[PDB]
K.L.:
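Structure with AT9283 attached for reference.
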Amino acid sequence: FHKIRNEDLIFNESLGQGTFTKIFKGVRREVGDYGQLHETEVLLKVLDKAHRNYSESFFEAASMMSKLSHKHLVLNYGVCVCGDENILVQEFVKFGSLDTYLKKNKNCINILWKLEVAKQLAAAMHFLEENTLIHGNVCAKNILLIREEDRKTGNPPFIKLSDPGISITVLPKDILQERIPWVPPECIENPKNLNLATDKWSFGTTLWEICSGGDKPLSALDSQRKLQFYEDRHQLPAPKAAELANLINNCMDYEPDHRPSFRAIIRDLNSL
Ligand SMILES: O=C(Nc1c[nH]nc1-c1nc2cc(CN3CCOCC3)ccc2[nH]1)NC1CC1
């Protein structure tokens, strides 16, 4: 990881929170190409000091994204570990995370938009699967909208997958249960069951989000009822726009070895 000096970073407005993290828009002063000086808009992700003990995992989550280069994976610029701070410096995405975008724009998002976004996310996940690299936290909150759809120029939206954050293999059990139904049942049973098939299940949950205008599946159930939801082997209800419902349920298969490869997922999306 490239080291960035605290003096080169300016913190601006809070953009949100993650698990034990706070997110800010910022500016990085840097020497760029041809030696030209730039002030670049950056994403500053700060691990809470009270949870400094997660630092390794916090940074490892980003390292996974930095080992491979792909048009659908967020760019990591570096880290700032000056003083008592653990700061991840990433690219700033203009339109924010996909969950909020779906909630705010669900009245003007049609099936073609959801299909294109789904194809792009499946392409990112197929890239990861080919490299046998587990993400571990696929969800709408970890998808960023680089570009909006422009039907005037026939231009589709463009998304990137962001880093998973602190791994579910070290997170407290109550948080994992709160993350049902993104965390697959085998990982609720044993978080060390984290595998490539995890990402297929969570991909299904994320498709449900994309089809549900920003709603959170099972949000009305508390942790105990989410657990029992897995115990009784329920599936999510079909979204009102149910064009992808069968794909969602096929990905959210309680048998991990039966979850389809992302190549088959992509073939299914292209058939629709
Ligand atoms: O990783 C995240 N966000 C980002 C990573 N890279 N860039 C971002 C990001 N970029 C963001 C930009 C906005 C500004 N809004 C955008 C949509 O239109 C209204 C204003 C808000 C939040 C944003 N988050 N998680 C989101 C904060 C909870």
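To match the PDB entry, the residue numbers of chain A are left as they are there, and the shown ones run 537-808. Both backbone and side-chain heavy atoms feed into the values below; hydrogens, waters and symmetry mates do not. Looks like X-ray crystallography, 2.1 Å, at least that's what the header says. Whatever order the structure lists them in is the order used to number ligands and atoms, beginning at 1.
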K.L.:
In this deposited structure, which macromolecule lies in greatest contact with AT9283, as labelled in the PDB entry?
P.N.:
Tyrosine-protein kinase JAK2
K.L.:
So is there a nitrogen or oxygen of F631 less than 3.5 Å from a nitrogen or oxygen in AT9283?
P.N.:
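No - when backbone and side-chain N and O of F631 are compared with those of AT9283, no distance drops under 3.5 Å.
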K.L.:
Nearest non-hydrogen atom to atom 3 (N) of AT9283 belongs to which of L680, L681, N641, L551?
P.N.:
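Going through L680, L681, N641, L551 one by one, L680 has the nearest heavy atom to atom 3 (N) of AT9283.
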K.L.:
Just going by heavy-atom distances, which of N678, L579, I679, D699 is nearest to atom 6 (N) of AT9283?
P.N.:
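That would be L579.
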K.L.:
Quick test of your reading of the structure: of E684, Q626, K696, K630, whose heavy atom lies closest to atom 16 (C) of AT9283?
P.N.:
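It is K630 whose heavy atom sits nearest to atom 16 (C) of AT9283.
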K.L.:
Would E627 count as a contact of AT9283 if the rule is a heavy atom under 4.0 Å away?
P.N.:
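Right, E627 reaches AT9283.
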K.L.:
Enumerate the atoms of AT9283 whose separation from the nearest heavy atom of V629 is less than 4.0 angstrom.
P.N.:
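Matching atoms, with element in brackets: 6 (N), 7 (N), 9 (C), 10 (N), 11 (C), 12 (C).
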K.L.:
Okay, what organism does the entry have down for chain A?
P.N.:
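The PDB entry says Homo sapiens.
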K.L.:
Could you help me out with the residues around AT9283? Anything with a heavy atom closer than 4.0 Å counts.
P.N.:
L551, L579, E627, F628, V629, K630, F631, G632, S633, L680
